[PDB]
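Here is a PDB entry that includes elexacaftor.
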Amino acid sequence: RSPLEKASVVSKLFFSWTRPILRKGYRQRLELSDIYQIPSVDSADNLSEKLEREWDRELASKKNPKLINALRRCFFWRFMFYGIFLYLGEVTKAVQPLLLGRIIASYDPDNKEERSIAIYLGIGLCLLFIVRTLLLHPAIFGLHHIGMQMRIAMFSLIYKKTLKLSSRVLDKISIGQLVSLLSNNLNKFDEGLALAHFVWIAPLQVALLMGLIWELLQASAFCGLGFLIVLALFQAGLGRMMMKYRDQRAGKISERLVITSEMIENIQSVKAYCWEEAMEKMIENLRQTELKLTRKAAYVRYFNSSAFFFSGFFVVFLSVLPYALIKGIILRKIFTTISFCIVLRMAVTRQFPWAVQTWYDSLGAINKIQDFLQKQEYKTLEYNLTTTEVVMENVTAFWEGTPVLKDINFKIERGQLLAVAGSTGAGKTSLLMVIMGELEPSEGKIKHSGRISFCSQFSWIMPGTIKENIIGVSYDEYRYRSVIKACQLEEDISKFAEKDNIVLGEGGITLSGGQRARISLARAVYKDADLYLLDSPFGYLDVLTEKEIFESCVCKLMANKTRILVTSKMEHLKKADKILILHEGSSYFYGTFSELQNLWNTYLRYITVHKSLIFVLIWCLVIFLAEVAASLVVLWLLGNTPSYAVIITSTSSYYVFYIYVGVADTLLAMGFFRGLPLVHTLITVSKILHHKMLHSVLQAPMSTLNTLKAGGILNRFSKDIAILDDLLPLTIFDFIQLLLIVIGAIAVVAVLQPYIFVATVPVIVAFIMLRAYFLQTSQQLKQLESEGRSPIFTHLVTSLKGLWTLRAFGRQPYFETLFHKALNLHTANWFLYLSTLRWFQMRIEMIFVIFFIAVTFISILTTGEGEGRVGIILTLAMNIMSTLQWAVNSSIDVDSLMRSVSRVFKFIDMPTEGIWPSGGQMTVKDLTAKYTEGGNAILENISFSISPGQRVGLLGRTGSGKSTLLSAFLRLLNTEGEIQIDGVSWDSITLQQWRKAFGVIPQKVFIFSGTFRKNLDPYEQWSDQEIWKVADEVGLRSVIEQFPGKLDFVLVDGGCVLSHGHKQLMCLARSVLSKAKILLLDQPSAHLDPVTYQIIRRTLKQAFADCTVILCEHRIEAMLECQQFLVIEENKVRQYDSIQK
Ligand SMILES: Cc1nn(C)cc1S(=O)(=O)NC(=O)c1ccc(-n2ccc(OCC(C)(C)C(F)(F)F)n2)nc1N1C[C@@H](C)CC1(C)C
Ligand SMILES: Nc1ncnc2c1ncn2[C@@H]1O[C@H](COP(=O)(O)OP(=O)(O)OP(=O)(O)O)[C@@H](O)[C@H]1O
Ligand SMILES: Nc1ncnc2c1ncn2[C@@H]1O[C@H](COP(=O)(O)OP(=O)(O)OP(=O)(O)O)[C@@H](O)[C@H]1O
Ligand SMILES: CC(C)CCC[C@@H](C)[C@H]1CC[C@H]2[C@@H]3CC=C4C[C@@H](O)CC[C@]4(C)[C@H]3CC[C@]12C
Ligand SMILES: [Mg+2]
Ligand SMILES: [Mg+2]
């Protein structure tokens, strides 16, 4: 099936099997209908199985486990098999000046030997071109193919280890680091392997060339060699400098990215707090520090790169001078030694340093992967046969100076229900950890059963269909329909737009809090297990639905299976068989309930965004014309000037033009007065574009941001911005340098002889018409290839949030299969892109060769009795086109990189956003709310009024629009209608003033990784003594003094150290500093303890005594301080009065 394997030998050599896609993609848009199936050789299954079979031996049979050893047991003898052909193709390039140099000398009538035999040289030279064409490109493509296999084999091997990481390893560092570990060699590995052989080929080339140069310059060859040794040492020193600055700034990039992710995820809170300006400055300082090291690395890379161009004269003159002074040198050997040194400079100044740097990076990546592969593993050994009767006795455990649980025991017969209770932080969840084997007890003795179904408190939602999130692997209509219509999903499912096949994102951002709880609960009960562990599923569910689910699912469906339920509700305990209460990590009570009572134009915009890049580009052009003007006059002065060191004859004067073209690269090289300004100015363009994009995202309508993918926002700040910092500044410089040399060399030799320009027209046009044909298909495949990587990273992310559920039930093989399917999709697009690019770069050389054979035979045949003007003109023209072929291939990379610039620009063009509070009486009239444009209408024609200072209760069934109303107050979503506060209409004042009057307290409090004082007020409006004054009422004094630093402690990881109640207090104090008037609470009482619960009770009655509060609760017992009640149901709001109803 795979066209590569079905291809014949002759077609496979020329890459002819890429013909169908090039024609198909030239006249229409491509899709996943003609993307060819991947070859069987590089499927993820075959590569991973082979490599792991060699690696596991290396860590068990040999003394020292090294990944590099196992890698060479799989890919070494195929690596060397392509190295010999790569070497033989380079040797062919070194011996060309012998055949070509004699042909050029054959135009001189003063020669006899070359005239006698030129046809034989022409035939041999033609064969030399054909052999080299068909010897390099297959070898380079082979090395790319092996580099792809290494990348796939290691990524699949990494994922398998990730599924086995111990629980204690995950809690230190993961997810954010793990994804970054895979994004450093996504394309640098395969493409950065074809030049690893030049570490030994280049020394073999220098020895060969130095022997050939010894024939010309008897003993002065070494004088030029010593200059190249110094250049090699000089370039090597820059390598240590580049790596030092690269690895020194690695920690700054991670610091920016992790903070940027926090801002993106909680963007809805950032808008509500009116914190747009503060966050822009916070990132701005981080960019300013990073940019200092970025420029240093770019200056070092400039001097390392600009050594090939600035050595084309100092290596020739230094070796020709001693010989010319001792004895008179003729022009023919001056051109010949120039031709040899062109290859000599490329090998030692451009190929060898690149090869060495690659080995530093290839070995560094393998050692980084090697260390990760040997972390502590999750223990899979567990009891198999126990008759499904879990028992514990004298069990102790630690999460590290205090035991988490001590001497806890129970005994559950099959079909019983155990109710676990306690307080916040008592270890309810940690008790379930030991039962799954996630936390091996230090000195305990516990019995494990078979498959165990775990329902974590954290809601897990994975990409795909709603039913696909429930059924798992096997489907069953009768079972599915019963589970769906037992968890009260009947109504909500057949509501949205598409019944049940709705496609969800990672984490289910578009779903209600309680709807996600039911889906996670429904998945746990669907699958058959020996025992079920329900870790507090009723957190988000209101009382009315809580009873219905408890009576129809927990007590009805699984009435005859052992089940452990964690719950604090008093009524749920009496319906259980045995109860276990944890006081503080220790069993205070154990027993039954009965005994409990007693106890294009993109390029134009990229350049002019700075308005300073214009002047630098003009400066480079003006100097370029000055050097060209000098080159013209000096060649014209030598054109009429009348034995010296240089023996020049009338019949051999044409060598002047050949010599100039051979050294034109040096004469037109950009020095440090032009290169450094250009590199500096291109970098600050990236800084400018980042600022506009970061400014645009924080000031965009929420509806626009919801239409995009989950992780897509961060990907532009992670990949696209990073490309503008490293790849574009140097790739553009290299492209401009090559193009400028070609224009300069072709404009000076053509004015004296107005025929070279004409003879070189066909070559230029052929390279251009081929480029326009290939780019149509190449760009389309690149877009498909780049988009194919997001599903791969999403699978890795979602398989970590639900990792504890995976290992409990034993579904690792299923997720390994899913990960392999994601890789094969990315491999299919990448392989086709790599093959068509090889097709283009092979045909571009084949067009050059066919013109060379045409020129060579004409030049030899046209040469008559003397001279021959056609031979001189044509042969010189083809020497100019050698650089153009290089320049055309360099332009492909620039076009590929400008796709990233276009993606940056479209984010900037997003649309923008659209004592005054006397009493706080708002009036709502005809309010319609919708999350997305044209999706639905959650609330329709809402009308109600609030008395100033009243406490308004808010109730309703989960998934009705309870939280949509609170967001519509801030118009954080597309709304129509009029909401007036004390007579001031919804659109009489700017949006900034409107949002400042609301003290919203979300379910997830936004706390970024920064100083304690910075979180309270990023704008730095209030002094210490004013902050302490506010903390006196909210009870934050003792909370903050626990830490070593007062107002100076550095919170990390979302404030992980702070408990849920402590973050509620911090959010409450934040609204007091800004002096809010209308509060918006949203289900704070999920798992709160009375220690902090009573603090909010006082503050809403002491500081906000006269301020309106919208208490959003799920039970009437807590709502004993409200007068007015709002009830949401069937897209309607209806106000009420005192409890008598
Ligand atoms: C058709 C077709 N369309 N597509 C998309 C693929 C195919 S193809 O693969 O069938 N053929 C071509 O791709 C193809 C094959 C060979 C050549 N050659 C040009 C000089 C040359 O040298 C011959 C010589 C004997 C000297 C030696 F070989 F030694 F160099 N050969 N040119 C080819 N092309 C036809 C156009 C599509 C583009 C272009 C000009 C590059
Ligand atoms: N992964 C972990 N690493 C370190 N300490 C942990 C970890 N998980 C829990 N702990 C600690 O163990 C103790 C008990 O954890 P916790 O989940 O287990 O109890 P809980 O009663 O279930 O809490 P809650 O009802 O609020 O979820 C606490 O001191 C907590 O900080
Ligand atoms: N970001 C969103 N984009 C689109 N639709 C959404 C989004 N968030 C919620 N919805 C939809 O709005 C409806 C109600 O959402 P939800 O916040 O509003 O109800 P709720 O009563 O506040 O939830 P709960 O009581 O469980 O916390 C549901 O149909 C849900 O799918
Ligand atoms: C092993 C690899 C690197 C190839 C071989 C390298 C050495 C042995 C080769 C490369 C070029 C060769 C030289 C090329 C030209 C001449 C001039 C001739 O009048 C005497 C031999 C002499 C001086 C050759 C001696 C051997 C030589 C120096
Ligand atoms: Mg818990
Ligand atoms: Mg809600």
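Chain A is numbered as in the PDB entry, which gives 3-402, 437-507, 509-636, 846-888, 902-1173, 1203-1429 for the residues shown. One-based numbering, in listed order, for ligands and for the atoms of each. Quick check of the header: electron microscopy, 3.6 Å.
Tracing elexacaftor through the model gives ligand 1.
Per UniProt, the macromolecule making the most contacts with elexacaftor (ligand 1) here is Cystic fibrosis transmembrane conductance regulator. The PDB entry identifies the source organism of chain A as Homo sapiens. Transmembrane segments of chain A (UniProt order, N terminus first) with a heavy atom under 4.0 Å from elexacaftor (ligand 1): 2, 10, 11.
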